[PDB]
Amino acid sequence: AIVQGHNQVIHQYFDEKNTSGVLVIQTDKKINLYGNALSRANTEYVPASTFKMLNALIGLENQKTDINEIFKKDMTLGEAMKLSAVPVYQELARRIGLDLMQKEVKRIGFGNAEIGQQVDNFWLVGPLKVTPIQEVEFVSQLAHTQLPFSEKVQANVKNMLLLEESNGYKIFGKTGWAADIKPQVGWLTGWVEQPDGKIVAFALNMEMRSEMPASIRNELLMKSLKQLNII
Ligand SMILES: *C(=O)[C@H]([C@@H](C)O)[C@H]1C[C@@H](SCC/N=C\N)C(C(=O)O)=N1
């Protein structure tokens, strides 16, 4: 059920950036693998900023914040979803607390579900790790309102993840970059809502280097989605 797709062209997209990457695509429970390092799909990596999605779900579900709260630029949880915003989501993680965080991460079963003893950095340097296949499954469940959280909480977090609209397609997702571990890990995890309402989920995972532009992840994602006729 998890197979290499028609990967002739996309393999070369990653080769031209001289790095190792995988793109996982999930349609209705069919998963296909693309890129030039397909073994990455079942390899565990720190989630980095992609964990903000689950942090937000947990914080909103447990009424540790709400979508209108202004965190002292002064900004909301949703505004902070796009930005670096280490202070907002670190503050939210401290409000949740280590015990509730570990309980929720175990209930969701996210990755290896281990968060250690420091509630405000376990997603960046370990010990929490997750595979790209696990990330695409998680975000597919979010997109379909199938996670075990309030429907309204899931809708509110989805609304924070809109990256852009084009020609009737909506692209939702979340970037991550673990720059302080070696090798560095880059993420772009999300989904496409096609004009007729169909959902196609993706998880891009690649080795980063410090000279790369952050936009390299979106660049590779968009050219691959176009080649696959997903957009
Ligand atoms: C999450 O992955 C990042 C922080 C919150 O941990 C957040 C910030 C930027 S990375 C900043 C450094 N750039 C290169 N080393 C980011 C991202 O671009 O995905 N996410």
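Residue numbering for chain A follows the PDB entry, covering 31-102, 115-273 in order. The way this entry was determined, per its header, is X-ray crystallography, 1.5 Å. Just follow the structure's listing: the first ligand is 1, and inside any ligand the first atom is 1.
In this entry, more contacts with ligand 1 come from one chain than from any other, and UniProt calls that chain Beta-lactamase OXA-23. The molecule at ligand 1 is the drug imipenem (bound form). Near imipenem (bound form), within 4.0 Å on a heavy-atom basis, the structure shows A78, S79, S126, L166, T217, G218, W219, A221, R259. Proximity to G218 (heavy-atom distance under 4.0 Å) selects the following atoms of imipenem (bound form): 2 (O), 19 (O). Shortest contact from atom 13 (N) of imipenem (bound form) to any protein heavy atom: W219 CE3, 3.8 Å. Within imipenem (bound form), the atoms closer than 4.0 Å to a non-hydrogen atom of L166 are 6 (O), numbered from 1 in the order shown. Among residues UniProt marks as active site in chain A, the one closest to imipenem (bound form), with its least heavy-atom distance rounded to 1 Å, is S79, 1 Å.
In the entry as deposited, the covalent bond from imipenem (bound form) ends at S79 OG. Near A78, with a cut-off below 4.0 Å to any heavy atom, the atoms of imipenem (bound form) are 2 (O).
Note: no N/O pair closer than 3.5 Å links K82 and imipenem (bound form) by distance alone. Taking every heavy atom of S126 and a limit of under 4.0 angstrom, the matching atoms of imipenem (bound form) come to 5 (C). Some N or O of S79 is nearer than 3.5 Å to an N or O of imipenem (bound form), by distance alone. Close contacts between imipenem (bound form) and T217 involve ligand atoms 17 (C), 19 (O) [criterion: under 4.0 Å to a heavy atom]. Within a heavy-atom distance under 4.0 Å, imipenem (bound form) reaches the following UniProt beta-lactam-binding residues of chain A: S79, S126, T217, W219, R259.
Annotation for imipenem (bound form): atoms under 4.0 Å from non-hydrogen atoms of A221 are 15 (N).
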